[PDB]
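A structure with GC376 (bound form).
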Amino acid sequence: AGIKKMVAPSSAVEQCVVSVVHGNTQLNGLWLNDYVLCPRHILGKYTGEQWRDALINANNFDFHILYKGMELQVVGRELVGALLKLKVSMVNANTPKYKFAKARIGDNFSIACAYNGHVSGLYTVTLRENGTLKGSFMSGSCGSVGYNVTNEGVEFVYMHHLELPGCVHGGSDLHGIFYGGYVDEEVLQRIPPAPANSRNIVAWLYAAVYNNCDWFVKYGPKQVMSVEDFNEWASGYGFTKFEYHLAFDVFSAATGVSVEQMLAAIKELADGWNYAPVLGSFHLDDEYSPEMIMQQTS
Amino acid sequence: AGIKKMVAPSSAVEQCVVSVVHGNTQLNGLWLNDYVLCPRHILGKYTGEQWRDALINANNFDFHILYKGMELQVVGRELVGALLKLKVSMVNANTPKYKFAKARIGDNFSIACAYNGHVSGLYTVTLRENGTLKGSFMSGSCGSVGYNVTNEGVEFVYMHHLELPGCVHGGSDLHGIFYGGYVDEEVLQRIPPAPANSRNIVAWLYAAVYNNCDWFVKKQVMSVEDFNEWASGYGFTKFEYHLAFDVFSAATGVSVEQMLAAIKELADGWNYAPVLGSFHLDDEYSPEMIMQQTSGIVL
Ligand SMILES: *[C@H](O)[C@H](C[C@@H]1CCNC1=O)NC(=O)[C@H](CC(C)C)NC(=O)OCc1ccccc1
Ligand SMILES: *[C@H](O)[C@H](C[C@@H]1CCNC1=O)NC(=O)[C@H](CC(C)C)NC(=O)OCc1ccccc1
C-alpha cells in the first residue's frame, strides 16, 4: 500500500547526459549514437528564420561538449525543429535501446533534471491539457530530458526549453516539436488553459479507496453521476471531459466502487473539503495517470 | 522555479540490486563487494532468538540470487541484526564508493522500489518522528533500499521490511537496526504517533516564498521559545535549526520567526489560496531538498 509519484530508474539516461556550452549559454544535451541533441537556444535568443541564419554562421569549435569530463568534438551541426543536432566524433558506446515517442495529455513521465551535464535529481511530471508541465527547473537546466522506461528500452519524450509565467514549464519532443502553443522566445505568450484532468482524478480517487481512504463514497447515501451529466458539468467548471481507461475495469472490480460514483465525488469535492484528507490532500489531485496508480495497486 | 519531490539519480544503486529467493519467499537484496544483504525474513516468519537458529539450519544452496538474470552462487551466510549477509561467488565490479549511514528524523532519502530484483520505480520518503516512512510498497518489494547520493558517493540508509497499520512502512539501516519501535513480525504493533516536522515545514514555506507565494507572511513574529511551547501541545515537533535557513532567510528577507508564526496561523489548514498547490502544511521536504531546488532562483 501507499501512493507515491513513481520515477523511472535513470541509469540508461545518465549515460547519455552531456553539457553543451556556447558563449555564455550553458545547458545540457542528449548523446545518442554519434550525435548530441540540445535546445536550439544554445545559439542565443532568436526568432523565426533567424535560427537558420544563426545556425549557418555558428562554428562547430564554439560548442563545448563534455561527458563526465571528456570532450566531445562537434563535427557537424543542423537544426531539427526547436533542437540543434550536433554530430560528434565519438559514438556513445552506452547508447541504450531507445525510441523517440510523444507523451499524450494526462500521461506521466520522468524528468532527469540536469545542470552542467550531470543529472542532479529525478521527478515525475504530468502532461497538462495545454502541453505544459509543472516541473522544477532553474537556469542551466535546459536540455534536461523527460523519459519513460519499458521492457523494450528507454522512450525519450521531452526536452526542456522554457518557463512561462506562473511556473509553467514548456519544451519539445525529441523531434523538436513544441508540446503546446508556445515558442522559445522571451515574449509574452497567450496559451490555452489547463483544466483539471478528470480521468486522472478518477484514478487517484480509486487509489484512495485501495488505501482504505474511502470516506467520500462510503459515508452518505450512494451517489452517482452519469458520464453525460458529468461532462456537461465539467465543461463549465474547469475540468476535462471524462475519458475512460482500461485500468478502471480493474479498479472498479477490486473496490466495488463504480466510475459513476467517482464522477459524483469529483463534483462534490471540486471546491475542496475539510472533513478528512484524501491521500494526504484536501483538494482533488489530477497528477497521477491511471498507469501510475495501477503499478501501485495491482 | 517550481518545487518537486526530487529523487537521487539511481545508476549506482541499479548496479547493486539483486533478487533473493528462498522457497516461496521472493524479495530483493543489495550486492556490494562479494556479499548481498537482504531482510532476514527471506528465511521465513520467525521471532526473536529463532532467527539465529534458522540461519544456522539453512543451506547456502537454498538461496537463489540473480543480478540482471545472472546467477550469483551463495557461498557463505551470516545474520547481521535484521538482515542476512550472504557471501557470493562473484565480486560486484560496479560497487560504488559507499557508506552505510543512519538517516535522521526529517531527512529525505530515495527508495529504489524493486520487484524480482529489478528497480520498477523510485520515489522520495521522509523519516518520520517514530522511525516510519510513508512509502509505496507491495508484496515482493522487501529488500528495496533507500539511499542518498553525496560528494563521497552513495549513502545507503534503509532496507525495506514491512508495512504497518495506516499504510506506513518500516525497515532497518544497512547494519540491520530497525528505525523505530517495531520488529519484523506479523503481529499488531503499537507505535507512537508521529508529529508534523516543524523544521521541514519552515523549509517548505521558504520554498513557497522563493516561488512568489508569500501571502501567509503578509506583524506578529513568534520566538523559537514560544513556538516550541505551542508545538509541544499541538502535534508539531520543536523547531530545529538547519544551516540552509541562513541562505533562505537572507535571500527571501523572511525570518524563521515569521515562519514559525505562520505555522501557528496555518496549523489547522486554510482556504484563502494554495501554498505550492496545497491547503495544509507540508512536512515532507527536508531543507536540503528545498535548497537544491532554489539555489539558482534570482528573483
Ligand atoms: C533553460 O535552461 C532555461 C530554463 C528556465 C530558467 C528558469 N526556469 C526554466 O525552465 N530556459 C530559459 O531561460 C528560456 C530561454 C529562452 C530563449 C526560451 N527563457 C525563459 O524561460 O524565460 C522565462 C520566460 C519565457 C517566455 C516568456 C516570458 C518569460
Ligand atoms: C516484503 O516484501 C513485505 C513488504 C510489505 C508487503 C506488503 N507491503 C509491504 O511493505 N513485507 C512483509 O510482508 C512483512 C513480512 C514480515 C515477516 C516482516 N509483513 C507485513 O508487512 O505485514 C503487513 C502486510 C500488509 C499488506 C500485505 C502483506 C503484509
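The alphabet sets the chain names here, A first, running in the order the sequence lines are given. Here chain A follows the PDB entry for its numbers: 1-298, in order, are the residues you see. The residues of chain B that appear here are 1-218, 222-302 by the PDB entry count, in order. Values reported hereafter were calculated over all heavy atoms of this structure, with side chains retained and with hydrogens, waters and symmetry mates removed. Method of determination (from the header): X-ray crystallography, 1.6 Å. When a ligand or atom number is given, it counts from 1 through the structure's own listing order.
Most heavy-atom contacts to GC376 (bound form, ligand 2): the chain the PDB entry names main protease. Chains with a heavy atom under 4.0 Å from GC376 (bound form, ligand 2): B. With the cut-off at 4.0 Å and only heavy atoms counted, the binding site of GC376 (bound form, ligand 2) comes to B:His41, B:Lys45, B:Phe137, B:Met138, B:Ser139, B:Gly140, B:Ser141, B:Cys142, B:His160, B:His161, B:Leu162, B:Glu163, B:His169, B:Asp184, B:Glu186. Closest to atom 6 (C) of GC376 (bound form, ligand 2) among all protein heavy atoms lies B:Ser139 N, 3.6 Å. Distances between N or O atoms of B:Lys45 and those of GC376 (bound form, ligand 2) include no value under 3.5 Å.
Considering backbone and side-chain N/O of B:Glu185, none are found under 3.5 Å from N/O of GC376 (bound form, ligand 2).
In this structure, the protein non-hydrogen atom closest to atom 15 (C) of GC376 (bound form, ligand 2) is B:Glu186 OE2, 3.5 Å. With respect to atom 26 (C) of GC376 (bound form, ligand 2), the closest heavy atom belonging to the protein is B:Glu163 OE2, 3.5 Å. Each of the following atoms of GC376 (bound form, ligand 2) lies closer than 4.0 Å to a heavy atom of B:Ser141: 2 (O). For atom 12 (C) of GC376 (bound form, ligand 2), the nearest protein heavy atom (residue, atom name, distance) is B:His161 O, 3.8 Å.
Of all atoms in GC376 (bound form, ligand 2), listed by their number and element, those nearer than 4.0 Å to a heavy atom of B:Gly140 are 2 (O). Residue B:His160 has at least one nitrogen or oxygen atom sitting less than 3.5 Å from a nitrogen or oxygen atom of GC376 (bound form, ligand 2), judged on distance alone.
For atom 3 (C) of GC376 (bound form, ligand 2), the protein comes within 4.0 Å by at least one heavy atom.
Among the atoms of A:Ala1, none of the N or O lies under 3.5 angstrom from an N or O of GC376 (bound form, ligand 2). The deposited model shows a covalent link between GC376 (bound form, ligand 2) and B:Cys142 SG. For atom 1 (C) of GC376 (bound form, ligand 2), the closest heavy atom belonging to the protein is B:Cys142 SG, 1.9 Å.
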